[PDB]
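Co-structure: dinaciclib and Cyclin-dependent kinase 2.
Chain letters run A, B, ... following the sequence lines, proteins first and then strands; every chain starts at 1. Order of appearance sets the numbers: ligands from 1, and atoms from 1 within every ligand.
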Amino acid sequence: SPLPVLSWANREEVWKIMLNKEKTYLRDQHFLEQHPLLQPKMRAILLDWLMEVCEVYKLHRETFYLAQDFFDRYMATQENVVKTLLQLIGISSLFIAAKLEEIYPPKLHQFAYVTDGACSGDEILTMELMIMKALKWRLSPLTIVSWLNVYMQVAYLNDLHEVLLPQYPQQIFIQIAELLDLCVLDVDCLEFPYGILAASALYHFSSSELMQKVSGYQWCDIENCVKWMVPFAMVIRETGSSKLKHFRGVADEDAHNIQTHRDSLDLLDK
Amino acid sequence: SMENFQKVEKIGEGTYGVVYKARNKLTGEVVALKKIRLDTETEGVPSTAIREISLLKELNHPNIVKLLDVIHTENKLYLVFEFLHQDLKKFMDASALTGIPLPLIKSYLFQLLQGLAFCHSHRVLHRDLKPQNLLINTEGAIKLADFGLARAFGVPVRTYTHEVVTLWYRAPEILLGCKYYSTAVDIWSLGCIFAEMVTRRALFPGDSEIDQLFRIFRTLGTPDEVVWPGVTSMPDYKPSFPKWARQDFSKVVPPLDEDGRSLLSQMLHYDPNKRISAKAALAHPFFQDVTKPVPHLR
Ligand SMILES: CCc1cnn2c(NCc3ccc[n+](O)c3)cc(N3CCCC[C@H]3CCO)nc12
């Protein structure tokens, strides 16, 4: 229970509803163990491709993580999927995500145009309903980046415990995000709760103490996740942290919330 | 796909789609169907539909409408909900000359404040609390309906859609263009519906964004940096606004007792950070009869 005392509800109640939600939103690291024609590096290239389209369209890190959660969860419902179906499933997961999270999402054509003709608005419109019907309309998960948001807010909180007004450094946020983006590419991250993954990335940038203070989890809870994230953390640390980009038409108080793209696959090879 | 349902009556429109009262041919069970025409939709399933479905499939409380199922008929998407015999707008209208009995107001408000406390704890903003969206039954229950304009919030929140609440029930922070808004916007709406239940007339029936602010300012008094730390700095704030004084709540809501007037006042506080919460409002002396507290641990 890391949230401070809450005005609108019981801080324990709020945090436990948040926790209990990860128990109702199941994700499995062996989903391509259902789709034999599929390889784990295909998921990585698609996930990387969606981050790029997100940056191109100035979409939020939230809508990218909603598409990732939708993709990985939709696959756990499917049996045999061909390499060619992936562009369609990815961009449709992004189409649903954009509509849920954005105020002015890109239009259906903007999502078709970015596939270079390989996907029509009609297939996206059909797939969207297959994904949504197959996910059983469970489209409100607590994404990986959603947790870092919480954690980052709890770090930058004063005696006036204003839990909803955002108050935290943008550069620190980006540098923790980049690591999570890099671990999301490997399908093994799904063995760790989204809350755990976010806490562990925060830990690699802070300490066990800050981590516990902002997330609540004990070091024992995080130990196996920190152990797995160890290579990824070093690939990032070896390269040197990135800088807070500006985006036209995007206010700087929210520039940290815009999804970005790098050589994440070249780094993933390590 | 809707082969077992028989449309009986058209109920209305709402945020999106069309609501029909329908009957389960075999069961005898009466539902409310919200029909969406996908054939017309250029962007497919609207964001308003996708939000209502995913939010309500996670919001099970007795004071929130029950989504029963979602059926797709390869042209149309139907949301099958529990049917409720009347809406609070029709009820207040029918009771305009009579008046709603004060105990029934207190019951309705309490149950409304419970559905909201649940929404807020599950991190959901209703953003469209108006009497036409508050549905009553014959047994004395009231439920929150139409989650088409609702959104799940983050901890911390970020900038959300500005064009968000029905004008008459819109909070001054939305009106004065604050970048962030949260749970306080729904309590404002409930404050308005409360007084409207009491007086049988809209608390602030403005005809524009500016008239809405002025109507609020005339009643609650023009705000300042003491009553609201941040006003004068806010986008749509103009120092040229007429300076009014807060009216006595005895004139504003005469049938309401000292305990009723206190709750309404805290529900209509200008400062979102000071405005009462749904959970806190449950612990107010105005309901100390209808509710008995529970032991607190630690
Ligand atoms: C969740 C759908 C639902 C269930 N009951 N119900 C009712 N019931 C009252 C009622 C029934 C039959 C005839 N008369 O008219 C009153 C009204 C209503 N709405 C009010 C009108 C605009 C649409 C819509 C908005 C709120 O969901 N929607 C619903």
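With heavy atoms closer than 4.0 Å, the chains neighbouring dinaciclib (ligand 1) read B.
Most residues of chain B that touch dinaciclib (ligand 1) lie in the UniProt domain Protein kinase. Measured by heavy atoms, dinaciclib (ligand 1) lies under 4.0 Å from these UniProt ATP-binding residues of chain B: B/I11, B/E13, B/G14, B/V19, B/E82, B/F83, B/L84, B/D87, B/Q132, B/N133, B/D146.
Measured by non-hydrogen atoms, the distance from dinaciclib (ligand 1) falls under 4.0 Å for these UniProt Mg(2+)-binding residues of chain B: B/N133, B/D146. Relative to dinaciclib (ligand 1), the closest UniProt active-site residue in chain B and its heavy-atom distance to 1 Å are B/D128, 8 Å.
The contact residues of dinaciclib (ligand 1), taking heavy atoms under 4.0 Å, are given as B/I11, B/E13, B/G14, B/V19, B/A32, B/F81, B/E82, B/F83, B/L84, B/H85, B/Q86, B/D87, B/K90, B/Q132, B/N133, B/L135, B/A145, B/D146.
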